[PDB]
Each structure stands twice: as structure tokens, then as C-alpha cells.
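Looking at a structure with nirmatrelvir (bound form) today.
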Number of protein chains: 2
Amino acid sequence: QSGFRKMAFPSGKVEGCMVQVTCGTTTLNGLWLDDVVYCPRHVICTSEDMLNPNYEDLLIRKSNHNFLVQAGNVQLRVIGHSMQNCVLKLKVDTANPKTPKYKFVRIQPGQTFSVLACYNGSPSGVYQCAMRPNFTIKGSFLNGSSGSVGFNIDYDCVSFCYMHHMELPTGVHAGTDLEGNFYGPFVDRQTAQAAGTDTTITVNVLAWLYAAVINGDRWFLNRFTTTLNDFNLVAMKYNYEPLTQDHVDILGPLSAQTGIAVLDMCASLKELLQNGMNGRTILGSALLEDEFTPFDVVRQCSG
Amino acid sequence: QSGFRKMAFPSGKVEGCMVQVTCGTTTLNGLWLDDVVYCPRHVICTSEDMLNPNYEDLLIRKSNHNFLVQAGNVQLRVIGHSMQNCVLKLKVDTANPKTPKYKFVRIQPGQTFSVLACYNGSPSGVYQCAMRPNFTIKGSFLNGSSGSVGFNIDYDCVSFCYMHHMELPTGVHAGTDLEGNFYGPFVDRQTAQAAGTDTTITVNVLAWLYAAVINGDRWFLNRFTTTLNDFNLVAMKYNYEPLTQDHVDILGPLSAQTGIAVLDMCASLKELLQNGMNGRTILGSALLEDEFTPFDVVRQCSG
Ligand SMILES: *C(=N)[C@H](C[C@@H]1CCNC1=O)NC(=O)[C@@H]1[C@@H]2[C@H](CN1C(=O)[C@@H](NC(=O)C(F)(F)F)C(C)(C)C)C2(C)C
Ligand SMILES: *C(=N)[C@H](C[C@@H]1CCNC1=O)NC(=O)[C@@H]1[C@@H]2[C@H](CN1C(=O)[C@@H](NC(=O)C(F)(F)F)C(C)(C)C)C2(C)C
């Protein structure tokens with residue numbers, strides 16, 4: 001409302017990195033940077049292996065010739081392979097001439113990133129996601145989507161933070177950083193696993209209330225202030241993450257761009273949690289939105 | 001197969017086309033396809049020209065060298081110019097080597113597309129939009145955003161459908177097709193203009209209810225049916241667009257897939273409007289979503 005919506009990074013730099021990886025009858029997406037392809041290690045599994053894989057043993061059994069990597073029409077010859085945690089690394093005969101400036105970063109719950117959904121190494125769609133407090137993401141992922149990556153771009157530098165591995169029974173998604181470390185208490189085995197009970201990202205809700213004010217949505221503002229302690233007692237009651245002093249400092253700018261003190265805005269949110277929204281919406285939403293970071297609000301508004 | 005998200009097309013093919021166009025102190029974006037840069041003609045207005053510009057009189061006073069066109073840090077030499085409706089076409093000395101397979105299409109209200117928001121010829125972010133029934137879009141556009149484009153990329157062809165020109169007093173946006181013809185009764189003049197009252201895109205709400213069913217949710221169905229006439233008589237009391245026999249025909253495939261007759265889903269929507277969601281959500285929304293088309297739903301849930 002008044003010009004504020006979920007925005008993904010332009011995906012071009014990542015599009016030029018997606019490849020298809022095939023091991024026997026198992027196909028998924030790979031990330032091609034320089035002369036290495038990164039993909040989920042579960043590509044080395046047949047359907048039955050996935051039910052209870054011995055990744056050490058399945059990798060000893062494989063050779064370079066067991067991996068087919070396709071970049072558009074061109075087969076890349078695999079000349080080496082290794083595992084790092086839950087990602088397979090395939091050394092190829094050819095460095096990606098579209099490799100962007102990049103790094104691998106591991107993000108914290110509450111942080112947002114752009115997902116390039118891919119199938120058969122072909123980019124399909126882009127959308128914004130937040131790492132939930134329970135380490136899941138609310139993605140849109142079908143069969144063959146594994147190896148799709150999540151990223152942020154700063155100037156010309158792509159920061160890769162997510163590689164897609166699996167779908168939990170609630171329909172939410174679990175994955176790794178690009179070093180193959182899982183976000184959350186999940187394993188790359190087709191076995192009964194479940195998302196923990198989710199919590200709301202308090203600092204992101206406050207950020208979005210700041211976005212509402214900057215966009216002229218002020219009905220929820222009030223004369224009242226509060227303390228972290230009273231507010232955190234409300235937060236806890238309503239399955240909201242504790243608000244930390246560090247969260248307040250991060251919101252500092254917006255507290256000035258709007259001249260409303262975080263603990264002043266905390267009074268609005270407490271009131272909204274206690275008394276609800278009263279038929280009114282905020283930036284077009286009837287729900288309190290927690291998938292915009294303070295950075296995201298500034299990026300989109302002040303940017 | 002439970003996750004559903006507003007998903008944009010991967011933007012790489014359009015990113016390679018975005019340039020900066022400057023005339024005097026006025027800078028905005030251009031679309032560089034082969035040896036032509038397409039941009040809003042209002043780049044040739046000064047501060048003084050905004051209320052009642054005569055574009056024919058402003059343009060005839062310009063030389064090729066008055067147009068500064070920048071592709072990254074490379075200056076493109078303008079060797080020609082013409083005006084077509086509200087678009088300027090700048091002939092440059094260099095065909096864009098990144099030109100994708102493209103066409104120009106004029107869309108109807110209800111149609112969706114991806115927007116690549118740009119500033120100074122630099123892509124900023126990508127989001128999904130729909131042409132509203134009142135010929136506006138609910139975009140997120142700031143100063144310098146004019147000449148940002150809307151597109152689809154069904155089947156490796158980029159279809160350019162929108163070029164951004166202006167913001168209306170309610171915060172909605174107005175622009176042209178790539179032939180420079182405005183969507184709606186708008187003019188590229190800082191004259192008192194206002195969006196017509198807007199309506200909800202009924203065929204799209206129904207598509208998204210079909211999406212909810214495909215992804216395993218049916219709580220909102222009921223034992224009733226409706227005539228098309230009775231559906232429209234109720235829906236228009238909630239500011240919904242009339243549903244046409246064309247709309248019913250368009251929903252046929254989604255009807256067939258789910259086993260829910262179009263007019264039975266219509267009966268469900270009539271009850272949804274009457275009752276609200278009673279604390280429930282549909283694909284994570286507390287509101288009825290109208291910016292997914294029947295075609296978008298088949299894209300994301302299947303192909
Ligand atoms: C990668 N190509 C897919 C992506 C999945 C498929 C549908 N939606 C997605 O996001 N990854 C998998 O199929 C992984 C893979 C085996 C099983 N699996 C799952 O995602 C399964 N989920 C789980 O087993 C659970 F619940 F533990 F998360 C499935 C039931 C097929 C959705 C491996 C190795 C974990
Ligand atoms: C292109 N760079 C901008 C994009 C605008 C700026 C703010 N948000 C946007 O979408 N285009 C313009 O500034 C156009 C341009 C003169 C004025 N204008 C407007 O968008 C203005 N609005 C209108 O005149 C109105 F209400 F009629 F739509 C403005 C008040 C600056 C928002 C011209 C030639 C229309």
C-alpha cells in the first residue's frame with residue numbers, strides 16, 4: 001500500500017550459474033562457480049537410498065564418470081568430486097565465464113533472501129523468503145527443485161546463503177548454507193521430520209510498522225510508551241521472539257525517519273497483539289507481516 | 001505441494017537491456033533492444049514543462065547529441081530519434097548484444113507480469129504485478145523509476161507489456177505498452193488525474209481458490225451452487241468485477257483438474273465474501289488474493 005511490496009534481487013547474476021546435475025536416474029540443480037558445481041549430496045542416492053542413505057559409502061562407490069553436468073546444451077566433463085557436509089562438489093573441465101563476484105555466507109533467523117526456483121538447471125521464478133525462527137523457509141518448490149539457491153546482492157557481489165534440499169510435511173522447506181550445513185535440526189534423509197512450532201520475528205514486524213508510517217498508515221500509533229520487559233512479556237505470550245537491545249539499535253534510523261521511538265512503536269504492537277486490528281488493515285495486510293527486515297524497509301523506501 | 005508464492009520471472013534477460021537516458025537535468029531508464037532505446041517521452045520535459053508539455057515542439061528543438069544514453073559505464077551514441085505515442089525511440093550506433101528473443105504485447109486488465117524496478121539504468125528489484133480493472137498497477141516506484149518495464153517470459157520469449165510513466169495521487173501507477181499507448185484514460189501530463197474506483201479481479205480470486213484446493217485445502221467449499229447471474233448480483237455488492245462466460249471457460253482446465261465445477265467454486269466465493277475466514281488463512285493470506293491468473297496458477301502448481 002502507498003508503494004510497498006516484497007521485492008527480490010534481480011536474479012541475472014545467479015541465472016548464469018545454474019546447471020543440471022544427474023547421477024543415474026536422480027536429477028536436480030547445481031550451482032556452477034569457477035570450475036566447481038555445488039549441489040545437494042542426495043543426488044548420489046537412488047529413491048530407495050534416500051530412505052536411509054550411507055553418504056560415506058555411496059560416495060566411495062561413485063566415480064567422476066557417474067556424474068552428468070549440463071549447462072544449456074553443453075555437457076561439462078566432471079574431473080573430480082568431494083563432499084562438504086551435505087553438499088557435493090563436482091570439479092569440471094571448464095570455469096564458468098559468467099561467474100559473478102560472490103561469497104558464501106550463513107544467515108541468522110529473521111534475515112531475508114531471494115530464491116531462484118530452478119528445474120533441470122533452468123531458472124523458473126524468483127521470490128523473497130525469510131529464514132524463520134524455526135529455521136524453515138516458506139518456499140514454492142516442486143519435484144526437481146533441490147539445488148535451487150537463495151542469495152542477497154550487495155553492489156556487484158552475490159552473497160549465497162541457501163541451497164534447497166527438502167519439503168517438510170507442513171509444506172515448508174529446509175536447506176543448507178553453501179558449505180552444506182543445515183539450517184535447523186534437519187537431516188537429508190527421507191524420514192519423518194517436522195518443523196518446530198514457529199515464532200513471529202518481532203524486529204521485522206516493528207520494521208514493517210515503520211514502513212506503514214513512512215507510507216502514511218498511522219491509525220495504530222498511540223500516546224503510550226513501554227519497556228522491553230513489559231513488551232517481552234506480551235511477546236512471549238503471543239509466540240513473538242524476544243526483542244533485544246540490539247534489535248532496538250537496528251531500528252534506530254526508522255525511529256528517526258518517522259520520529260517514533262522503538263518502545264513507542266512497541267506500545268502500538270502490544271496494543272495490536274492485545275486488542276487486534278479492529279477490521280482495519282496495515283499496508284493492505286490484515287496480518288502483521290514479519291518477512292521484511294529493517295534493511296529491506298530502508299532499501300525499498302529510503303533507497 | 002503446499003507452498004504457494006507471488007513469483008516473478010527470472011529478470012536476467014531484461015537486466016541486460018536496461019540503460020540510463022538523460023536529457024538536460026532529467027534522468028530515467030530506457031530499454032535497449034537491438035539498435036533502439038525505448039524510453040518515456042517525458043525525459044524531454046524541464047521542471048516548467050510538466051503541466052501542459054507540447055512534445056512535438058519540445059522534441060523538434062533536440063539534437064541526437066542532447067540524449068545521453070549510458071549502458072553501464074559505456075556511453076551509447078544516439079544517431080536518430082522518433083516519438084511513437086508517449087514513447088521516444090532513440091536509434092543508437094550499437095545493437096545490444098544481450099538482446100533476448102522478445103515481442104511487444106498489450107495486455108488486458110487482470111493480466112499479471114513481472115516488474116524490474118530500475119534507477120539510473122541499474123536494476124533494483126523484481127516483483128509481480130497485475131493490470132487492475134481501472135488500468136492502474138499497485139507498483140513500488142520512486143523518483144527516477146520511469147522507463148522501468150513489465151514483462152512475462154513464457155517459453156524463452158520476453159513479452160514486454162508495460163513501461164512505467166507516473167504515480168497517481170492514491171499511490172498507484174500508470175504507464176504504456178511498448179508502442180507508447182497508455183493503459184487507461186491517463187496522459188503524461190502533471191494534470192489532476194485520479195484512478196477510477198477499482199474492483200477485485202474475480203476470475204483471479206477463483207483461480208487462487210483452485211490453487212488452494214490443488215495444494216490440499218478445501219475448508220471453504222460448501223454444498224451449494226449458483227447461477228452465473230446470481231453470482232454476479234452478489235459479488236458486485238463487494239466491488240468484484242463481473243464474471244463472464246469467457247472467465248468461466250478460462251477456469252475449465254482448473255475445474256477439470258480439481259473436480260470442482262466453476263459455478264460451485266463461485267458458490268464458495270459468495271460464502272467467503274459473506275462469512276470471512278473465521279480466523280483461518282488460504283495459502284497463508286487472511287485476504288482473498290486477486291493477482292494470480294488461471295495461467296499463473298497452472299505455471300506454479302504444475303509447469
Ligand atoms: C529436491 N529435488 C527435492 C525437493 C522437494 C520435493 C517436493 N518439494 C520439495 O521441496 N528434495 C527431496 O525430494 C528431498 C530428498 C529426499 C526426500 N525429500 C523430501 O523433500 C521429502 N521430505 C522429507 O522427507 C522430509 F519430510 F523429511 F522433509 C518429500 C516427502 C519427498 C517432500 C531427501 C534426500 C531428503
Ligand atoms: C519517472 N521517473 C517518474 C516516476 C514517478 C516519480 C514518483 N513515483 C513515480 O512513479 N514519473 C514522473 O515523475 C511523472 C512525470 C511528470 C509527473 N510524474 C508523476 O509521476 C507525478 N504524478 C502525476 O503527475 C499524476 F498525478 F498525474 F499522475 C508525480 C506527482 C511526480 C508523482 C510526468 C510527465 C507525468
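Proteins get letters first, then strands, A, B, ... in listed order; numbering begins at 1 in each. Counting convention: from 1, in listed order, for ligands and their atoms alike. Reckoned from all heavy atoms, side chains included, excluding hydrogens, waters and symmetry mates.
For nirmatrelvir (bound form, ligand 1), the chief contact partner in this model is given in the PDB entry as 3C-like proteinase nsp5.
The other chains with any non-hydrogen atom less than 4.0 Å from nirmatrelvir (bound form, ligand 1) are A.
Protein heavy atoms all stay at least 4.0 Å away from atom 13 (O) of nirmatrelvir (bound form, ligand 1). The structure places a covalent bond from nirmatrelvir (bound form, ligand 1) onto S146(A) OG.
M166(A) CB, 3.8 Å is the protein heavy atom nearest to atom 19 (C) of nirmatrelvir (bound form, ligand 1). Closest to atom 27 (F) of nirmatrelvir (bound form, ligand 1), if we only count protein heavy atoms, is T191(A) O, 3.0 Å.
Summarising the contacts of atom 11 (N) of nirmatrelvir (bound form, ligand 1) with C118(A), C39(A), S146(A), the nearest heavy atom is found in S146(A). When heavy-atom distances to nirmatrelvir (bound form, ligand 1) are checked against a 4.0 Å cut-off, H173(A) comes that close only through its side chain, counted from C-beta outward.
Closest heavy-atom approach to atom 8 (N) of nirmatrelvir (bound form, ligand 1) among the candidates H165(A), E167(A), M50(A): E167(A). Shown in contact with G144(A) at under 4.0 Å from a heavy atom are these atoms of nirmatrelvir (bound form, ligand 1), numbered in order with element: 2 (N).
The UniProt domain of chain A holding most contacts with nirmatrelvir (bound form, ligand 1) is Peptidase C30. Look at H164(A) and you'll find a heavy atom under 4.0 Å from some atom of nirmatrelvir (bound form, ligand 1). In terms of protein heavy atoms, atom 7 (C) of nirmatrelvir (bound form, ligand 1) is closest to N143(A) OD1, 3.5 Å.
The source organism recorded in the entry for chain A is Severe acute respiratory syndrome coronavirus 2. For nirmatrelvir (bound form, ligand 1), the atoms closer than 4.0 angstrom to any heavy atom of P169(A) are 26 (F). In terms of protein heavy atoms, atom 31 (C) of nirmatrelvir (bound form, ligand 1) is closest to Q190(A) NE2, 4.3 Å.
For the residues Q193(A), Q1(B), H42(A), the heavy atom positioned nearest atom 34 (C) of nirmatrelvir (bound form, ligand 1) is part of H42(A). For nirmatrelvir (bound form, ligand 1), the atoms sitting less than 4.0 Å from at least one non-hydrogen atom of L168(A) are 26 (F), 28 (F), numbered in the order shown with element in parentheses. Other ligands and ions less than 4.0 Å away from nirmatrelvir (bound form, ligand 1) are, by number and name, none. The set of residues with a heavy atom less than 4.0 Å from nirmatrelvir (bound form, ligand 1) is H42(A), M50(A), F141(A), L142(A), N143(A), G144(A), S145(A), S146(A), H164(A), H165(A), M166(A), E167(A), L168(A), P169(A), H173(A), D188(A), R189(A), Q190(A), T191(A), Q193(A).
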